[PDB]
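Residue numbers count from 1 along this sequence. Each ligand, and each atom within it, is numbered from 1 in the order the structure gives. Header entry for method reads X-ray crystallography, 2.2 Å. Every heavy atom of this structure was used, including side-chain atoms; hydrogens, water molecules and symmetry mates were not.
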Amino acid sequence: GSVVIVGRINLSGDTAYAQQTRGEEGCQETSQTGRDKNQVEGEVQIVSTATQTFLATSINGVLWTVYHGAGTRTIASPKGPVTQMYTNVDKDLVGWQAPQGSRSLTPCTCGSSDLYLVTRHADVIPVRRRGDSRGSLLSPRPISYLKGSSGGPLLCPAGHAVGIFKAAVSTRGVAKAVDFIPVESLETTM
Ligand SMILES: C=C[C@@H]1C[C@]1(NC(=O)[C@@H]1C[C@@H]2CN1C(=O)[C@H](C(C)(C)C)NC(=O)O[C@@H]1C[C@H]1CCCCCc1nc3ccc(OC)cc3nc1O2)C(=O)NS(=O)(=O)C1CC1
Ligand SMILES: [Zn+2]
């Protein structure tokens with residue numbers, strides 16, 4: 001089946017909050033036809049397959065998500081199923097053409113290390129960048145807490161995308177740092 005947009009994380013105001021936009025059955029029909037009529041809004045999409053839900057982030061005109069969530073799937077669209085433009089397993093990276101109506105996050109140009117991770121729950125966690133592709137969490141959470149939030153953006157203090165969340169570095173089933181796909185890697189791909 002196709003990957004279907006089931007919602008969006010809202011950043012366009014003070015609060016971050018997920019608006020779910022489609023039902024399970026609606027998701028199933030639209031996964032199956034690959035034709036999606038629903039309007040697209042914002043930067044961070046909530047996407048799901050038949051069995052998993054995760055996030056998808058628009059950066060430089062391309063909707064980015066994790067390969068471990070989307071596999072090789074097409075995305076359901078107004079004109080039908082769309083094959084991936086970008087698919088890189090080593091990087092765990094896949095991209096489609098950003099859907100009509102979506103907005104891109106501007107890439108971070110500030111070199112700021114006080115980062116922020118937007119989860120599926122629309123919580124905004126401070127992350128402290130610790131490397132070329134790693135940020136430690138100020139407050140550590142259980143791995144369950146972050147699960148389902150891959151493909152989501154890591155933001156600088158100016159609201160710009162720094163990377164895409166990919167994997168959680170876990171000790172005793174507690175995430176203490178997050179592994180991301182820095183924008184610079186997306187541009188290498190593009
Ligand atoms: C808990 C939040 C976390 C963000 C989430 N990511 C994962 O769970 C990833 C997927 C998988 C394991 N992940 C992990 O995070 C593990 C885990 C033990 C699960 C905590 N952590 C981990 O390895 O830490 C090690 C230091 C890093 C080493 C680097 C890891 C490599 C990353 C990775 N790459 C590829 C490339 C290609 C593949 O093809 C099939 C598959 C891959 N799988 C991968 O890891 C998430 O929420 N997902 S999700 O939304 O529920 C799902 C629907 C989409
Ligand atoms: Zn910045």
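Of irinotecan, troleandomycin, rifamycin SV, grazoprevir, the drug at ligand 1 is grazoprevir. Checking atom 46 (C) of grazoprevir against the protein gives a heavy-atom contact under 4.0 Å. There is no protein heavy atom less than 4.0 angstrom from atom 29 (C) of grazoprevir. For grazoprevir, the polar-atom distance check against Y67 finds no nitrogen or oxygen pair separated by under 3.5 Å. Checking only distances, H68 does come within under 3.5 Å of grazoprevir, N or O to N or O. Below 3.5 Å of separation, one finds an N or O of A168 facing an N or O of grazoprevir. Counting the atoms of grazoprevir from 1 in the order shown, those under 4.0 Å from a heavy atom of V89 are 36 (C), 37 (C). Between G148 and grazoprevir, at least one pair of N/O atoms sits closer than 3.5 Å.
In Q52, the part holding a heavy atom less than 4.0 Å from any atom of grazoprevir is the side chain. Close N/O approach between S150 and grazoprevir is found [any backbone or side-chain N/O within under 3.5 Å]. Closest heavy-atom approach to atom 1 (C) of grazoprevir among the candidates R141, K147, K166, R134: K147. Judged by the shortest distance from any of its heavy atoms, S149 lies inside the 4.0 Å radius around the atoms of grazoprevir. Heavy atoms within 4.0 Å of grazoprevir belong to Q52, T53, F54, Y67, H68, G69, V89, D92, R134, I143, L146, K147, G148, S149, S150, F165, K166, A167, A168.
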